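Opening notes on CP-80794 bound to Endothiapepsin.
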Amino acid sequence: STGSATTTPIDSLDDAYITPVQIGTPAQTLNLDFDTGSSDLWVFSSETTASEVXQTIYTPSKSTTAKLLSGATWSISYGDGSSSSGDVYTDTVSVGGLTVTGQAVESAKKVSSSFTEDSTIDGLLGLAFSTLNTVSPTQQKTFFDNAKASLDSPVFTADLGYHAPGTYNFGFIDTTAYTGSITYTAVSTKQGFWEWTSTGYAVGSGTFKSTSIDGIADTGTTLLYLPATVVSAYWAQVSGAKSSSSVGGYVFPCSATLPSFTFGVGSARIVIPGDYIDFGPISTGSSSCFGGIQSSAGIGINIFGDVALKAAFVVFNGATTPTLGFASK
Ligand SMILES: CSC[C@H](NC(=O)[C@H](Cc1ccccc1)NC(=O)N1CCOCC1)C(=O)N[C@@H](CC1CCCCC1)[C@@H](O)C(=O)OC(C)C
């Protein structure tokens, strides 16, 4: 089997991407953020504290296939400090025509304020390794892990758009979705992430510096977070750019033409167009824009978030030894 679903930016800034997911019988369609940086499929629900719901909710008592996972609970917090918790059902979950039975669907009893405040995100579908799942006492498998037995190939691909719809595919590689060839690179699962080592970078038309950058491919992070020295090298080529303590990162004049940023995948190179590194105005009508490449020093992990990933066709190869592939597009 395979599945193919359209993923859409939630807003004009490409802050996040949502993908429809059908849960239960009859299907309840929720728009979830597919997050390769976590491993829980959780949803706003009929159990969620009413004052914390503003979203489409899952109602397990309306699904004939929902089963309570007795005694199971979950609690998660994310890199941006958001959080949620609740209890656990198993149910039928379909993405893009690919159906998994017995998927753990974590039903939120409570969600943090940023979840309430974001009308467009009805929950998360985690696609990191199942060792990060937060269900206790027994961790639950991701949708991808449960699908692998039936998939035509144990892979999923992310094809995120720049201010445009894109695609998540499960079980196959669409050879018409990218140019050149895919280059694969090794993945370490020691921290549960799609963690890999970039071979280096270049700014604009300058030289490629071979410097190992250990980081994660995270569809659930908006920006590209890289080492401070790398980020400084990038913004040094933008004459108006400066770090702003009050705004919380590099800011620059919206009228600037930004250089591209190239990162290495083995011998291959992925080029992020300059425009992709313009995240957008700090407020509507501002002359100042926030940078799409920021220092990872405060997070402690380098993160190839959506600014990077949307410049590529990205293959998440979930064979027993996983690998990560990148192609230009
Ligand atoms: C240091 S990593 C910070 C990352 N969050 C983000 O990148 C959020 C995503 C978002 C945008 C709009 C609305 C809601 C959420 N954006 C954000 O913090 N931004 C601040 C900088 O300007 C750009 C937007 C994050 O926590 N990612 C989560 C998934 C994310 C899904 C959406 C809801 C909130 C949680 C996950 O990938 C994670 O924890 O990754 C860690 C392991 C790096």
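We're sticking with the PDB entry numbering for chain A, so the shown stretch reads 1-54, 56-330, in order. All heavy atoms count here, side chains included; hydrogens, waters and symmetry mates do not. Note that ligands are numbered from 1 as they come in the structure, with each ligand's atoms numbered from 1 the same way. Determined via X-ray crystallography, 1.0 Å.
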Next item on the list: Using a 4.0 Å heavy-atom cut-off, say whether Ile300 meets CP-80794 through its side chain, its backbone, both or neither.
Entry: side chain
Notebook entry, point to check: Any idea which atoms of CP-80794 are less than 4.0 Å away from a heavy-atom of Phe194?
Noted result: 42 (C)
Check: Which domain, as defined by UniProt, of chain A contributes most of the residues in contact with CP-80794?
Finding: Peptidase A1
Next item on the list: May I ask whether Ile302 has any heavy atom positioned less than 4.0 angstrom from an atom of CP-80794?
Entry: no
Notebook entry, point to check: Any heavy atom of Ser83 sitting closer than 4.0 Å to CP-80794?
Noted result: yes
Note to self: Got a sec? Which UniProt active-site residue of chain A is nearest to CP-80794, and what's the heavy-atom distance to 1 Å?
What the structure shows: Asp35, 3 Å
Check: Where does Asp35 meet CP-80794, judged by heavy-atom distances below 4.0 Å: at the side chain, the backbone, both, or neither?
Finding: side chain
Check: Is it the side chain (CB and beyond), the backbone, both or neither of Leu224 that lies under 4.0 Å from CP-80794, heavy atoms counted?
Finding: side chain
Margin query: I need the contact type for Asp33 against CP-80794. Using non-hydrogen atoms and a strict under-4.0 Å cut-off, is it side chain, backbone, both or neither?
Written below: side chain
Notebook entry, point to check: Around CP-80794, which residues have heavy atoms within 4.0 Å?
Noted result: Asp15, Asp33, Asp35, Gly37, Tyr79, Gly80, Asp81, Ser83, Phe116, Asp119, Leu125, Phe194, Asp219, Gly221, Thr222, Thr223, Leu224, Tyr226, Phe280, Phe291, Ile300, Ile304
Under a 3.5 Å threshold, I'd like every N/O contact between CP-80794 and protein atoms, with atom names and distance.
{"unit_1": "CP-80794", "atom_1": "5 (N)", "unit_2": "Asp81", "atom_2": "OD2", "d": "2.9"}
{"unit_1": "CP-80794", "atom_1": "7 (O)", "unit_2": "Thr223", "atom_2": "N", "d": "3.0"}
{"unit_1": "CP-80794", "atom_1": "16 (N)", "unit_2": "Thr223", "atom_2": "OG1", "d": "3.0"}
{"unit_1": "CP-80794", "atom_1": "26 (O)", "unit_2": "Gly80", "atom_2": "N", "d": "3.1"}
{"unit_1": "CP-80794", "atom_1": "26 (O)", "unit_2": "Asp81", "atom_2": "N", "d": "3.0"}
{"unit_1": "CP-80794", "atom_1": "27 (N)", "unit_2": "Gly221", "atom_2": "O", "d": "3.0"}
{"unit_1": "CP-80794", "atom_1": "37 (O)", "unit_2": "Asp35", "atom_2": "OD1", "d": "2.6"}
{"unit_1": "CP-80794", "atom_1": "37 (O)", "unit_2": "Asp35", "atom_2": "OD2", "d": "3.3"}
{"unit_1": "CP-80794", "atom_1": "37 (O)", "unit_2": "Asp219", "atom_2": "OD1", "d": "2.9"}
{"unit_1": "CP-80794", "atom_1": "37 (O)", "unit_2": "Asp219", "atom_2": "OD2", "d": "2.6"}
{"unit_1": "CP-80794", "atom_1": "39 (O)", "unit_2": "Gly80", "atom_2": "N", "d": "2.9"}
{"unit_1": "CP-80794", "atom_1": "40 (O)", "unit_2": "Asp219", "atom_2": "OD2", "d": "2.9"}

